[PDB]
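Here we have a structure that includes dihydrotestosterone.
Since chain A takes its numbers from the PDB entry, the residues it shows come out as 671-918. Atoms within a ligand are numbered from 1 in the order they appear, just like the ligands themselves. Just so you know, these numbers use all the heavy atoms, side chains as well, and skip hydrogens, waters and symmetry mates.
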Amino acid sequence: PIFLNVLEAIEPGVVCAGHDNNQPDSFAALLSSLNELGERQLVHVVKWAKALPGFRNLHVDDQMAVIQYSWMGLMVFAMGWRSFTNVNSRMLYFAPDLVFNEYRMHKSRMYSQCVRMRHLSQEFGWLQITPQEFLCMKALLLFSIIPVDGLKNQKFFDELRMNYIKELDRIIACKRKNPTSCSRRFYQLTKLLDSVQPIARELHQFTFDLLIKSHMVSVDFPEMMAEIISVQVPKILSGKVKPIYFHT
Ligand SMILES: C[C@]12CCC(=O)C[C@@H]1CC[C@@H]1[C@@H]2CC[C@]2(C)[C@@H](O)CC[C@@H]12
Ligand SMILES: Cc1cc2ccccc2[nH]1
Ligand SMILES: Cc1cc2ccccc2[nH]1
């Protein structure tokens, strides 16, 4: 399982948010911590992506593009997984020092979005998702959103996406027997993958509005976060860049 060896081998390690928990919760502090966590996580996601099989085939501008458009979903999907494995989806485990309970979900002023994310975490349990299926689905998420106008070199991207989908089928096919199970399983995983986009979309809208009024609510946005959310995210919210869905 060469391909699986790579995903397993390059999977990012634990990342902390640097949150002061001995300090009373507040909107400004929580969101500022989540943002810092984004900056820190982005760094790992970039190093992770550049190490994926065939990623370097993509044109350099397209490499940065898919990462800049997919980080939200990637991060949310991995966050859901940690929440499932660490606390069986009891809370949102953003980081070791940033675990969201119902109080924080509410205090973050993004309770509805958090509920959305916890529900995704629950799915990992309800579908009995394997660590390997998780890994393969996550890799596939990096290639699940592109500009309606296409990429610099769409042809390579298309080839790459086709291969990662082919790998997901392999994972499903192995350790299995019933051809009806393979198809059903693929149906469920693609359904799950699609369910990530609406959550990402809601978060994009939220962080965008947050960046705009950040100065008023006293929320901090690190360099890369401020740049990406003001330059790349708007392209998604305006319909110029959209998710690739399996199902209609
Ligand atoms: C991606 C992060 C940080 C990494 C993670 O574990 C998922 C989580 C989802 C909510 C995001 C947060 C980064 C900072 C954002 C974008 C805030 O501005 C509003 C929504 C937050
Ligand atoms: C490839 C790449 C993507 C990206 C996003 C934010 C900052 C730097 C980056 N390099
Ligand atoms: C996942 C993946 C398999 C593979 C084989 C050849 C070239 C690129 C590839 N990506």
*Please list all instances of dihydrotestosterone by ligand or chain.*
ligand 1
*dihydrotestosterone (ligand 1): main contacting chain per UniProt*: Androgen receptor
_Sub-3.5 Å N/O-N/O distance, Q711 and dihydrotestosterone (ligand 1)_ = no
*Which atoms from dihydrotestosterone (ligand 1) have a heavy atom of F891 less than 4.0 Å away?*
18 (O)
*asked:* With a 4.0 Å cut-off on heavy atoms, is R752 in contact with dihydrotestosterone (ligand 1)?
replied: yes
*UniProt domain of chain A with the most residues touching dihydrotestosterone (ligand 1)?*
NR LBD
_Is there a polar contact between dihydrotestosterone (ligand 1) and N705, counting only N or O atoms under 3.5 Å apart?_
yes
*Of the residues in chain A that UniProt says bind 17beta-hydroxy-5alpha-androstan-3-one, which have any non-hydrogen atom under 4.0 Å from dihydrotestosterone (ligand 1)?*
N705, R752, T877
*Specify the source organism of chain A, per the PDB record.*
Homo sapiens
*asked:* Measuring from atom 3 (C) of dihydrotestosterone (ligand 1), which candidate in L762, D890, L704 has the nearest non-hydrogen atom?
replied: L704
*Please indicate, with yes or no, if any protein heavy atom is found under 4.0 Å from atom 15 (C) of dihydrotestosterone (ligand 1)?*
yes
*Any idea which of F747, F770, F876, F764 brings a heavy atom closest to atom 7 (C) of dihydrotestosterone (ligand 1)?*
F764
*If hydrogens are left out, which of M742, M745, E709 has an atom nearest to atom 11 (C) of dihydrotestosterone (ligand 1), that is, the closest non-hydrogen atom?*
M742
*Between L880 and dihydrotestosterone (ligand 1), which part of the residue brings a heavy atom under 4.0 Å of the ligand: side chain, backbone, both or neither?*
side chain
_Distance filter under 4.0 Å to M749 heavy atoms, resulting dihydrotestosterone (ligand 1) atoms_ = 6 (O)
*Provide, to 0.1 Å, the distance between atom 10 (C) of dihydrotestosterone (ligand 1) and the closest protein heavy atom, together with that atom's residue and name.*
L873 CD1, 4.2 Å
*Listing by number and name, what other ligands and ions are under 4.0 Å from dihydrotestosterone (ligand 1)?*
none
*At a 4.0 Å heavy-atom threshold, which residues contact dihydrotestosterone (ligand 1)?*
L701, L704, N705, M742, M745, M749, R752, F764, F876, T877, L880, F891
List dihydrotestosterone (ligand 1)'s nitrogen or oxygen atoms that come under 3.5 Å of a protein nitrogen or oxygen, with the partner atom and distance.
from                           : atom 1 : to   : atom 2 : distance (Å)
dihydrotestosterone (ligand 1) : 6 (O)  : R752 : NH2    : 3.1
dihydrotestosterone (ligand 1) : 18 (O) : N705 : OD1    : 2.6
dihydrotestosterone (ligand 1) : 18 (O) : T877 : OG1    : 2.7

